Amino acid sequence: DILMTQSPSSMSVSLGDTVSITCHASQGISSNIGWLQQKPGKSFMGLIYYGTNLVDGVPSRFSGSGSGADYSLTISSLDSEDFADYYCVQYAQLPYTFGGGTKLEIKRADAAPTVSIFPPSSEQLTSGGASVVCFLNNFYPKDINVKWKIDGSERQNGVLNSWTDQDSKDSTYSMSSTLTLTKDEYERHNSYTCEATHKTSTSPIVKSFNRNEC
Amino acid sequence: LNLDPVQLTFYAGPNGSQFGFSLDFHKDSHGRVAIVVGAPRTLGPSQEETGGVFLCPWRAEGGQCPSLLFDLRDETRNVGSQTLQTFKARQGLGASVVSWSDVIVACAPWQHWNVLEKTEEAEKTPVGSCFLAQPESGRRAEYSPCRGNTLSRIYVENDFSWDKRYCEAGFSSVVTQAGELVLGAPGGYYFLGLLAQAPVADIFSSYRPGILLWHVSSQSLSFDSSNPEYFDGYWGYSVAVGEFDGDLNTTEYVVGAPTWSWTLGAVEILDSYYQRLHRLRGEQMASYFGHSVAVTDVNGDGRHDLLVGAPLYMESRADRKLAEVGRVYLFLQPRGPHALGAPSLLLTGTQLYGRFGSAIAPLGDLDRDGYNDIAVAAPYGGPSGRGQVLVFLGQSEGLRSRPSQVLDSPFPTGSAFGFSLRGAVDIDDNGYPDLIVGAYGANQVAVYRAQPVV
Amino acid sequence: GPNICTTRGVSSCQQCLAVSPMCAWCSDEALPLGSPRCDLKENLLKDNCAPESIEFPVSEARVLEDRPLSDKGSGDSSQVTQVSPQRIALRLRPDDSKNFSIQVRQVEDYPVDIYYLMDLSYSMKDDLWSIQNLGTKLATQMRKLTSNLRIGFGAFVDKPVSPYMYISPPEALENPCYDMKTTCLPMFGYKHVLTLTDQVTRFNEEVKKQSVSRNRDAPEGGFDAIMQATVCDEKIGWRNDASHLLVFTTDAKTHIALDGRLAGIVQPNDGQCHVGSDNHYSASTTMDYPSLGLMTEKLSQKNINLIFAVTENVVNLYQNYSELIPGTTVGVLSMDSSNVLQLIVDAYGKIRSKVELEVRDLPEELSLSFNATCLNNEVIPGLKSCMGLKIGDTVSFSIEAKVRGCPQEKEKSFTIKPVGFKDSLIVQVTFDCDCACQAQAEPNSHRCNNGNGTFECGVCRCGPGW
Amino acid sequence: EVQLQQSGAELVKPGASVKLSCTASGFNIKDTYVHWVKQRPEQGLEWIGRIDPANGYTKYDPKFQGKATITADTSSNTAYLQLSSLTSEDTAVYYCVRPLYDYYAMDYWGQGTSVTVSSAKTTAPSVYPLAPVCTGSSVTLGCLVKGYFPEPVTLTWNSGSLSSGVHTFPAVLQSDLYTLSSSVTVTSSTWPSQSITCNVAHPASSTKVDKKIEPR
Ligand SMILES: *[C@@H]1O[C@H](CO)[C@@H](O[C@@H]2O[C@H](CO)[C@@H](O[C@@H]3O[C@H](CO[C@H]4O[C@H](CO)[C@@H](O)[C@H](O)[C@@H]4O)[C@@H](O)[C@H](O[C@H]4O[C@H](CO)[C@@H](O)[C@H](O)[C@@H]4O)[C@@H]3O)[C@H](O)[C@H]2NC(C)=O)[C@H](O)[C@H]1NC(C)=O
Ligand SMILES: CN1Cc2cc(C(=O)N3CCC(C4CCNCC4)CC3)ccc2N[C@@H](CC(=O)O)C1=O
Ligand SMILES: *[C@@H]1O[C@H](CO)[C@@H](O[C@@H]2O[C@H](CO)[C@@H](O)[C@H](O)[C@H]2NC(C)=O)[C@H](O)[C@H]1NC(C)=O
Ligand SMILES: *[C@@H]1O[C@H](CO)[C@@H](O)[C@H](O)[C@H]1NC(C)=O
Ligand SMILES: [Ca+2]
Ligand SMILES: [Ca+2]
Ligand SMILES: [Ca+2]
Ligand SMILES: [Ca+2]
Ligand SMILES: [Ca+2]
Ligand SMILES: [Mg+2]
């Protein structure tokens, strides 16, 4: 099958910029390539077919180019609606194969996260479970690494993370990490910590608490 | 009656190009009338016959015409694990041409096509193709509705049903006043014959070069049949449009099938959904009844009338002997919802092998008396067999049985003078409609100008 | 008493004869003033007219060539007589009519040419195997009817050009049956195989080496082949004095004139021979199929009798074509041509079952009328054709020629010939409108108004210029 | 206009079969090819197969031979995709596609049919208040919605009152059951000065629990 290497995976840009997505194939496809758009949480819309031709209804700021095995999609003067996912698909051979995808994200000034740690509630402890929650809200860029520590030692089993799309108001990202243990194991230890590693500080942002103590 | 047979205009093309096989008048966006001429054997880039189209400006002196340029390179597209191929060698570009608005439609009935998928193939077959040009803007587009990608084995399994591989789309052509192109494809459906219709505007908006196989959603093809009466009938050898059901919002199609029902020949009047309204049957087998069809109101009652040419009709003569001369049939449309009856008038040729009725051109009202008139071709008629075009004038009861004017060929023997005709357009702007006559055998076109009546 | 000859009051001997075929003219000098010179021949002798001066031509008809009808057409050196008499002299005065006879015989043991023209498209794969002994089998049955038989063979498929021809892949051109599990011959329009010959075993052996090709559309190019087999006299080998049978076998519809436009071929068929040394039709891909009217001209021109030996699925078709080409016979062929032998014999019997007279070069002023005597001495008025005949039967016709007035040319000639026959009756007409006494006229006679007139046949005539 | 309207989301068990639909709107389904494309967050987009509804002929990626079955009924102008012996890996969004002009392209897309394979039964969520520990100018509360099935759930604060300054995170699958969390930030003078409640509704099991956040 034909491998479609689409690059880059994502890019942080601003309105009115002129940007270009590329797509590389394992072999020649002689302009038999299409380009697709998927606005967040919605379906797909066709942009380009046969390498360069605009699908009816697509604005002229879009444009496809390339030949042989290297093609490009270009957006001149980005619009607020153009921040979405973009994919390349080759139909030179069956089976049709798709590229990895490219997400356009709003660019802004960096911002450190606001960390908050939450011990297990009382309702959860009386049933036989124990979940520590660690919120990391409103930050930029998206790249972030959470690390859970029990009595100072790292813990990697039973962690459950969740991220949000780029916020509509301030264009920041947020993350929810949830460490889940049993009630019997939550009380073997005392100190619970979640470290946050962001490009806004060489020192990890640490928030923690101690069981029983408050 | 009042065509000028003294001072003609001669346009001419390359030797052996069959310049004049097909012609039509072309008005640009400003209304200036030119002549579009197809030369189906014009040489291409590889010095091989591919056909060609010329756009002749109106000059009383005539002469040479500039080409209307089209792409003549064979195309290849490797898509969908398949290989699509067009072959334009000996395609016959210009074997039919027709104008509508400022758009020219020139067709290559014998353009070939094939599809390769590993070791299998669709078969190299003449699907035909039509090229569309807007001369003032330089816009181009193609339309080839019979191209397919089904492999040969499949057709065999399904007993060759819906086999559009040998259509020869563009063999005949016409365009409705609304702008819907209609192509006759006598080879469609394993030589039963089909029609293809699609709005010109959508052909342009849906075409991109190099795609070779694309969809035109607004198109509409006629239907295959299992009735042997239609087999090898070449339904779509000739085509024309008119008003025949009393509904002015609907446009009706007239189709020639000159080998229908074991070479009896037939002509059918359909609606735009290819539903049959009337059927005219040939009078004599192999007469090729349906070779040409013409639609015009000749008796001045507002209802279009039908003319059908049977250029090989053999007339009965003394001592039980026959004589191929050709015959033309006039059918007058009756008032209101009723069937077209027996022919109102039979016109029969005189010169043996003259092929009277090979072409039939509405002239409009030539002598300006309120009744439209026609011209009939006998491309090997006249006492010399060089060719003759005969004018018949309309009257309250149909047409006159005897001609008003006879045009003798000004070309040498073998010119096929009259094989193509076209009238009802005023080219010098003198208030009288004129006639252009093709003689592909001589690679020339003759323009006759109508003058005030003497 | 007076009659139309006198009461018309004629001026000369010429005008006298023009009144009625019964009138006569007296050129004698000693004739009373009141007695007329233009009366019945009996009245003139009654009025002491010198017999030598009487101008009274009688319409007659005498034979010049009256060869006897041949009992046998076998042998000889084309000295067979089929029509008697072969030449007569005819003399007619104005508005008169004379009658004569003619005999026609369908002679026994007359030589025969049979050219087998065979469809060899893929649909005929099975027929080839059933006629591999046809040459000997046919010689055995025809030996009962003729001692001079010659047979030949040609084959056709269709025009070797797209779309009739498969043109992909390259392999398909050499072998059209490639996409199946067999081989067949490359497509070919028409090929002559065997010139007409009396060595019948050459037919069998050339047949055994034949094989079929394959094309796309069911209708085939047989009419192209009928044309060439007709107009290529020398190559096919039709003999002058022989019945010409062209046996056309097919299992499908046929292409007709103007079909060729689907192959881009528009040039009309020219009716000329185009089969060269290679024995193939070289204009197949460049010249349209022939028209029925053109085929009729060439078949009639070369005295060819066409035989549509077709299968029942298309007999109604070819029976209808047969009606548009007079002289053509149809027989029903089995799906493998297993009955083609009897079909040919019954066609030869049906072909020689009719005698139909034809007239050539008849002047405008002459009209003819015919009385036929077919069967056993049964007269049939107003008929010039017999039917239901057998080999060796003889018919006769009575003919009356009625001339209108007098024509300018006094000696013409026309021909009576049965359709297909070699021999013929030539009629040399002479229009005796003038008098012998006109050759001895006296121009500027001093008997006629002091040299103002001419004296001919005993009367004065106003000379030239008056 | 051209629109592809697919079937509603499907919620099935492993080993069973399901038949998605793709109904044509504004055109004849018989006109073009009809493709089926599978989408997942990690693996991305994958082409399943195609069908020419005029004749019923189909093509498939060798990866789906056995599970995917594409059919078409020109009568109801609808194309179908049948999946068999379903698996957790068959949980994905499925789109039907057709080209605009180019016979081979992928231009018009349906909305997509959501498929979820799971043996889980209809389980109600467990709502847990999340109060901070025993200081600044900005305070942050939370609400944990754990162990429910199937999706989705609607979470608000003070019954839609407190809307701004809120982050409700996407649900995550935790051992065949879903877990969701939500945070909210206000000023220190607002809490515990003003009662803040977490309203959680799970229409599947028909439960609307509400937990008031209480400090420690
Ligand atoms: C070869 O040539 C023959 C000779 O023409 C053709 O046979 C004729 O075919 C036509 C069409 O099928 C026939 O026309 C029809 O006649 C019917 C009545 O005919 C009567 O008289 C004949 C004379 O023998 C009788 O045999 C017969 O039993 C009848 O009693 C009408 O019913 C038909 O009209 C109806 O259908 C037509 C369309 O076909 C409509 O237009 C009409 O409105 C109406 O609904 C029609 O008129 C003709 O009778 C046939 N003649 C004979 C002698 O059979 C062959 O078809 C032809 N074959 C080939 C292969 O070319
Ligand atoms: C065996 N054979 C006979 C033969 C038969 C037919 C035929 O009758 N049909 C039935 C009608 C079918 C369409 C009708 C309209 N709808 C679509 C299907 C097509 C096939 C066509 C071609 C043909 N070609 C010859 C060539 C040769 O003689 O070499 C041959 O090989
Ligand atoms: C053909 O036969 C007709 C009779 O059917 C002949 O007609 C008669 O001919 C005789 C000749 O003596 C006349 O006396 C009769 O008056 C004719 N009867 C008619 C014309 O009704 C006719 O002469 C014959 N002609 C030929 C050329 O044989
Ligand atoms: C001419 O006709 C008459 C009567 O019709 C007949 O008796 C006579 O024999 C005929 N003459 C010849 C030479 O046949
Ligand atoms: Ca209408
Ligand atoms: Ca009218
Ligand atoms: Ca007029
Ligand atoms: Ca004019
Ligand atoms: Ca054929
Ligand atoms: Mg055949």
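Letters A, B, ... mirror the listed sequences (proteins, then strands); counts begin at 1. All ligand and atom numbering here is 1-based and tracks the order in the structure. Reckoned from all heavy atoms, side chains included, excluding hydrogens, waters and symmetry mates. Method on record in the header is X-ray crystallography, 2.8 Å.
The drug candidate or drug found at ligand 2 is named lotrafiban. Ranked by contacts, the top partner of lotrafiban (the one with most) is named in UniProt as Integrin beta-3. Other chains having non-hydrogen atoms less than 4.0 Å from lotrafiban: B, C. Going by the entry, the organism behind chain C is Homo sapiens. Most residues of chain C touching lotrafiban map to the UniProt domain vwfa. As for UniProt Ca(2+)-binding residues in chain C, a heavy atom under 4.0 Å from lotrafiban is present in C:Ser123, C:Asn215, C:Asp217, C:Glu220.
In chain C, lotrafiban lies within 4.0 Å of these UniProt Mg(2+)-binding residues, judged by heavy atoms: C:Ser121, C:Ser123, C:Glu220. Checking the PDB entry shows the name of chain B to be Integrin alpha-IIb heavy chain. Neighbouring residues of lotrafiban under 4.0 Å (non-hydrogen atoms) are B:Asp159, B:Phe160, B:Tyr189, B:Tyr190, B:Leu192, B:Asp224, B:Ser225, B:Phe231, C:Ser121, C:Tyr122, C:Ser123, C:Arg214, C:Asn215, C:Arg216, C:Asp217, C:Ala218, C:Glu220.
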